[PDB]
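Written out below as structure tokens is the structure these notes cover.
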Amino acid sequence: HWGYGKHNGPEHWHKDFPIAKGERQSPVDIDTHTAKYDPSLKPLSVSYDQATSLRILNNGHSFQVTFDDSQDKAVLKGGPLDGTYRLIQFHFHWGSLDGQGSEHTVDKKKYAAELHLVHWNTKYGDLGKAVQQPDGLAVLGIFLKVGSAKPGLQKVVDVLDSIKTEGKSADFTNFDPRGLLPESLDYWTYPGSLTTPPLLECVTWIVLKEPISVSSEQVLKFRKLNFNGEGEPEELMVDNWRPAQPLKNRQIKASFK
Ligand SMILES: CC(=O)Nc1nnc(S(N)(=O)=O)s1
Ligand SMILES: [Zn+2]
């Protein structure tokens, strides 16, 4: 079973998942001076008004809030995307201290954490089918830095005590993911992959330039979670991020001048 530690972490993943050394792996460093502004790109369309959250879950590598994706309800359109992508889940990656935790980096800068809102392309019918297609997923990535509290995150942190260990879940209905968004929807975009095994190269990445700020107390709660299942030696869920991968033959485009 893969993980983030010395003997099962990111440098080991290629053995069970050889795509780990593929041509479109994520995350990557975003070099702000090399990324080209592309005026053909469109405004992102984030329509989360009808979002229906279901559960919050510790899956052993992060915690995720899941959504009902049986019909168009919370979807992402526009930007670099064709067609409609339904929100299935969001999760975070974070560090043991504030100077690391994000998966993408900006001019080698590491953020305290990174939020991933995962959406799949409706023209493939289900998530399972979408992940086997180069345009099957759109993941919206948002950086977190430490400062002021993020009110829309507080309902999430208040429940983390209840899902401390792997496998634990709780009801998490009536959560509005709009409260996790920054003001500007300016973004970078590039073709990439899932950043956890099986690391499938099925993702259009859309990373927002403006981070959201969260308080030290909020991110502290992230760090109290556990990779392990109940009763096992406590091994803190921290530094669950994959480092930046080779960009290779890819261009990162900017939606803004
Ligand atoms: C079903 C599903 O969402 N699988 C994922 N694997 N990696 C993801 S990430 N870290 O790139 O957002 S999402
Ligand atoms: Zn992720």
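For chain A, we keep the numbers from the PDB entry: what you see runs 4-125, 127-261, in order. Whatever order the structure lists them in is the order used to number ligands and atoms, beginning at 1.
Lab note: drug at ligand 1 identified as acetazolamide.
Within 4.5 Å of acetazolamide (ligand 1), most heavy-atom pairs belong to the chain that the PDB entry identifies as Carbonic anhydrase 2. There are UniProt Zn(2+)-binding residues of chain A with a non-hydrogen atom under 4.0 Å from acetazolamide (ligand 1), namely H94, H96, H119. In terms of protein heavy atoms, atom 5 (C) of acetazolamide (ligand 1) is closest to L198 CD2, 3.8 Å.
Proximity by heavy atom, under 4.0 Å to acetazolamide (ligand 1), holds for these of the UniProt substrate-binding residues in chain A: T199, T200. Closest UniProt active-site residue, chain A versus acetazolamide (ligand 1), heavy-atom distance to 1 Å: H64, 6 Å. For acetazolamide (ligand 1), other ligands and ions under 4.0 Å: ligand 2 (zinc ion).
Residue-level proximity to acetazolamide (ligand 1) for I91 is absent, since no heavy atom of it falls below 4.0 angstrom. Of all atoms in acetazolamide (ligand 1), numbered sequentially from 1 with element shown, those under 4.0 Å from a heavy atom of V121 are 3 (O), 12 (O), 13 (S). Near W209, meaning under 4.0 Å from one of its heavy atoms, acetazolamide (ligand 1) places the atoms 11 (O).
Against a heavy-atom cut-off of under 4.0 Å, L131 is close to the following atoms of acetazolamide (ligand 1): 1 (C).
Close approach of acetazolamide (ligand 1) to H96 is summarised as follows: ligand atoms under 4.0 Å from at least one heavy atom of the residue are 10 (N).
Close approach to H94 involves these atoms of acetazolamide (ligand 1), each under 4.0 Å from a residue heavy atom: 9 (S), 10 (N), 12 (O). With respect to atom 11 (O) of acetazolamide (ligand 1), the closest heavy atom belonging to the protein is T199 N, 3.0 Å.
The region of chain A touching acetazolamide (ligand 1) is mostly the UniProt domain Alpha-carbonic anhydrase.
Of all atoms in acetazolamide (ligand 1), listed by their number and element, those nearer than 4.0 Å to a heavy atom of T200 are 6 (N), 7 (N). Using a 4.0 Å cut-off to heavy atoms of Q92, the atoms of acetazolamide (ligand 1) that qualify are 2 (C), 3 (O). Heavy-atom contacts of acetazolamide (ligand 1) within 4.0 Å involve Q92, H94, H96, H119, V121, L131, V143, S197, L198, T199, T200, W209.
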